[PDB]
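This entry carries vorinostat.
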Amino acid sequence: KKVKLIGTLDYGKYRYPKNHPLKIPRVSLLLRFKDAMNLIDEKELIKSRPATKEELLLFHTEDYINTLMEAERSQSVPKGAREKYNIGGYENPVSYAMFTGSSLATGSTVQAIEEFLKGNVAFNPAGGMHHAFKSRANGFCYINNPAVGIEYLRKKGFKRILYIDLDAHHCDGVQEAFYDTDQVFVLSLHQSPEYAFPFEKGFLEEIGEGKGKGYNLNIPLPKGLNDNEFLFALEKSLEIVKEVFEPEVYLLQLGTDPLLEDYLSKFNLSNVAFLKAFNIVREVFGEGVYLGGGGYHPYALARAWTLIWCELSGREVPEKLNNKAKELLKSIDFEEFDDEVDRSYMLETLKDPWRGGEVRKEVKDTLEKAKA
Ligand SMILES: O=C(CCCCCCC(=O)Nc1ccccc1)NO
Ligand SMILES: [Zn+2]
C-alpha cells in the first residue's frame with residue numbers, strides 16, 4: 001500500500017488572469033512547498049496526465065468540450081459561447097487553464113482513482129472542481145473532475161458511490177449530475193446559498209429527484225462558522241449518510257477555502273479542524289479517493305494541504321516551517337485582501353491553534369431538519 005500525491009509544476013503555467021482569485025500558484029506551490037519542507041519524495045509523486053476526450057465525455061457533452069478546445073487555442077470566446085456555455089466571462093475567462101489545466105486536473109482525478117483501486121492511497125490536489133455542469137462553465141470551473149470521476153466508477157460497476165464535499169461552497173455541479181440517481185450519494189457542507197456562491201442552489205431542501213430523492217444532502221452553514229460548528233455538522237451529517245447509504249467507494253473533496261484566512265469564505269476554521277474533518281471521514285468510511293478544491297490564500301492552501309499530505313504519508317508534522325518554506329511563501333505575490341490583517345504569523349508554524357467556540361442553535365436546527 002503506497003501513498004501517492006498526484007501533481008506537476010506545470011499547473012503553474014496555466015493560471016487564471018491577474019484579476020482572478022486563481023491567478024496564484026496552488027498545486028505547483030504545494031509541491032515546491034513540501035519539497036522545501038522535505039516532506040515528499042519522488043517515489044511518492046505521480047505526474048499528472050491529461051484526461052482523454054473519452055473520459056471527459058463520461059459526463060460532459062461534446063459540443064461543450066469542443067467549445068473549450070476551440071476557445072483555448074484561438075484564445076477567444078466563440079460566437080454564442082458566452083451565453084450557451086458561460087465561457088469568456090470574468091468568472092470563467094479564456095486562458096490555457098480553461099482546457100489544458102482543467103484536463104490536467106481531471107486526468108489526475110482518474111489517476112487518483114486508478115491508484116485507489118490498485119489498493120493505494122492518492123490525493124489529487126488539483127481536482128475537486130465541483131461546479132461545472134454537463135455543458136456549462138460555472139464558478140471558475142470548466143470541467144467537473146468529480147462528476148467525471150464518479151461516472152468513471154459507475155462504468156467500472158460500482159452502484160453505491162459516495163461523495164463528500166468539505167469545500168466552503170456547494171458543489172452544485174456534482175449535485176445536478178446525480179440528483180436523479182440513488183447510486184451516487186452526494187453530501188456537502190458549505191456556506192449557505194442565502195449569502196454565498198452559487199446562491200441558486202445548496203439549500204437543505206434539495207434532497208433529490210426521482211429515484212435519487214433522499215440521496216443528496218446539503219448542509220448550509222452560517223457565517224463566522226468556528227471549528228466546533230464545522231465538525232459538529234460533519235459527524236452529524238455523516239450519520240444521516242451511514243443510516244441510508246453503504247458506500248462501495250467514496251470521494252472526498254478538500255477545498256481549503258473554509259479556512260479563516262481565505263477571503264472567498266466567511267468561515268473562521270483552522271488547519272487542525274480541517275485535518276480532523278478529514279480524519280473523521282476516514283474513521284467513518286475507511287479510505288477513499290481524496291480530492292482538492294477551492295483555496296485562495298497561498299499560505300493556508302500550502303500549510304493545510306501539507307497536513308493532509310503528512311497524515312496520509314504517515315509522517316510527523318514539523319511544528320515550524322524551515323527557512324526555505326517561509327521564503328517560498330513570501331516570494332508569492334498575493335496581496336492580502338483586508339489591507340493589513342497581517343498573516344505573517346502563518347509563517348511561524350504549520351498547525352495553527354484551534355478556533356473552536358459554542359455551537360449556535362442555527363447549526364443544530366439545520367442538522368435536526370436534515371435528520372428528519
Ligand atoms: O471556490 C469556489 C467558489 C468560486 C466562485 C467565487 C465567485 C465569487 C467571485 O467572483 N469572487 C471574487 C473575485 C475576485 C476577488 C475576490 C472575490 N468554489 O468552491
Ligand atoms: Zn469553494
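Each residue takes its place number in the sequence, starting with 1. The deposited model was determined using X-ray crystallography, 2.5 Å. Whatever order the structure lists ligands and atoms in, that order sets their numbers, starting from 1.
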**Request:** Please list all instances of vorinostat by ligand or chain.
**Result:** ligand 1
**Request:** State what vorinostat is bound to in this structure, picking the chain with most contacts and naming it per the PDB entry.
**Result:** hdlp (histone deacetylase-like protein)
**Prompt:** With atoms numbered from 1 as shown, which atoms in vorinostat lie under 4.0 angstrom from a non-hydrogen atom of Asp167?
**Reply:** 18 (N), 19 (O)
**Prompt:** Can you tell me which residue and heavy atom of the protein come closest to atom 9 (C) of vorinostat, and the distance to 0.1 Å?
**Reply:** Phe140 CZ, 4.2 Å
**Prompt:** Quick one: does vorinostat sit under 4.0 Å from the side chain of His20, the backbone, both or neither, non-hydrogen atoms only?
**Reply:** neither
**Prompt:** Which atoms of vorinostat are found less than 4.0 Å from any heavy atom of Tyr296?
**Reply:** 1 (O), 2 (C)
**Asked** Less than 4.0 Å from vorinostat: which other ligands or ions?
**Response** ligand 2 (zinc ion)
**Message:** Starting from atom 5 (C) of vorinostat, what is the nearest protein heavy atom, named by residue and atom, and what distance separates them?
**Reply:** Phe197 CD2, 3.6 Å
**Item:** Any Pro21 heavy atom less than 4.0 Å to vorinostat
**Value:** yes
**Message:** Checking the N or O distance criterion of under 3.5 Å, is vorinostat in contact with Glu91?
**Reply:** no
**Asked** Would you say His169 and vorinostat have an N/O pair spaced under 3.5 Å apart?
**Response** yes
**Prompt:** In the protein, which heavy atom is nearest to atom 17 (C) of vorinostat, and how far is it?
**Reply:** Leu264 CD2, 3.4 Å
**Short N or O distance, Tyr90 and vorinostat, threshold 3.5 Å exclusive** = no
**Request:** Extract the binding site of vorinostat: heavy atoms, cut-off 4.0 Å.
**Result:** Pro21, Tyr90, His130, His131, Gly139, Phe140, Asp167, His169, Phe197, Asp257, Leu264, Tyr296
